[PDB]
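Only one structure is covered here, and it is reproduced in the block below.
FYI, the numbering just counts along the sequence from 1. When a ligand or atom number is given, it counts from 1 through the structure's own listing order.
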Amino acid sequence: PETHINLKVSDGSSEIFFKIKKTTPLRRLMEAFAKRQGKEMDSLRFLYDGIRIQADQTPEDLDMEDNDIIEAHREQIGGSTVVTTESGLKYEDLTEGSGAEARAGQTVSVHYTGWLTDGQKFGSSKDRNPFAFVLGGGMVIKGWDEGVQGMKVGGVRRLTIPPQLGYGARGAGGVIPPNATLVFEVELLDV
Ligand SMILES: C=CC[C@@H]1/C=C(\C)C[C@H](C)C[C@H](OC)[C@H]2O[C@@](O)(C(=O)C(=O)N3CCCC[C@H]3C(=O)O[C@H](/C(C)=C/[C@@H]3CC[C@@H](O)[C@H](OC)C3)[C@H](C)[C@@H](O)CC1=O)[C@H](C)C[C@@H]2OC
């Protein structure tokens with residue numbers, strides 16, 4: 001308790017915790033986070049109380065206390081924008097794609113992960129090797145048909161789907177509770 005500190009790291013999708021010694025540089029934490037996510041350190045930016053953290057700073061330096069939150073930002077540099085459409089869907093482009101644009105009628109290929117609003121993962125295509133569907137076909141949940149349109153190949157878009165655009169009061173047997181808001185990260189691979 002005296003020498004070590006537990007810190008919560010949030011990336012807007014899930015939360016995990018890191019216990020390090022108060023005199024250990026935050027580099028150790030940042031690298032553990034990056035590795036766990038399969039991400040390069042150069043593509044991550046970490047903030048605490050709105051101030052940019054540097055890898056050589058320690059929890060002691062920053063007067064951190066147990067359960068304090070560090071924000072991990074993976075999104076493009078420049079400032080994020082969260083869009084709420086006419087339907088109540090929300091989306092956020094974490095990475096802007098450089099390739100072909102996804103349009104209704106195409107059979108598009110994506111990777112995804114889905115979480116509940118508490119950061120519990122409910123599904124993913126990555127956990128073992130890509131998911132293809134007819135975009136705009138009414139075959140997937142409404143949030144997806146609406147949310148994946150306009151993405152570009154290379155893009156990573158975070159969809160926040162209110163339950164009437166998801167599984168509603170029914171939920172999905174075994175997996176999604178009644179009245180659940182769903183968070184997905186979708187990476188567009190082909191169109
Ligand atoms: C032939 C039948 C099985 C067939 C299953 C697959 C091809 C395998 C595929 C990887 C799905 C996963 O199977 C491991 C599993 O993925 C979830 O975990 C998940 O992450 C999720 O939410 N996804 C998957 C990725 C696209 C978005 C969303 C979805 O839209 O999924 C769609 C979905 C369930 C739509 C319902 C359909 C009924 C409507 O009434 C309802 O309307 C409210 C909406 C899926 C893709 C359907 O088009 C096709 C199927 O169902 C679900 C929580 C439960 C689902 O298992 C079924």
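Notes: drug at ligand 1 recorded as tacrolimus. Counting heavy-atom pairs under 4.5 Å, the chain with the most contacts to tacrolimus (ligand 1) is listed in the PDB entry as Ubiquitin-like protein SMT3, Peptidyl-prolyl cis-trans isomerase. The atoms of tacrolimus (ligand 1) that sit less than 4.0 Å from any heavy atom of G166 are 43 (C). Relative to atom 52 (C) of tacrolimus (ligand 1), the option among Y167, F133, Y112 with the closest non-hydrogen atom is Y167. Which parts of tacrolimus (ligand 1) touch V140 is read off a 4.0 Å heavy-atom cut-off, strictly below it: atoms 30 (O). Atoms of tacrolimus (ligand 1) lying under 4.0 Å from at least one heavy atom of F184, given by number and element, are 20 (O), 21 (C), 22 (O). Per-residue contacts place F122 under 4.0 angstrom from the following atoms of tacrolimus (ligand 1) (heavy atoms of the residue considered): 20 (O).
The distance from tacrolimus (ligand 1) to the heavy atoms of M139 drops below 4.0 Å at these ligand atoms: 35 (C), 47 (C), 48 (O). Taking every non-hydrogen atom of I176 and a distance limit under 4.0 Å, the qualifying atoms of tacrolimus (ligand 1) come out as 53 (C). At a 3.5 angstrom cut-off on N or O pairs, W144 does not count as close to tacrolimus (ligand 1). Applying a heavy-atom cut-off of 4.0 Å to tacrolimus (ligand 1) picks out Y112, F122, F131, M139, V140, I141, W144, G166, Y167, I176, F184.
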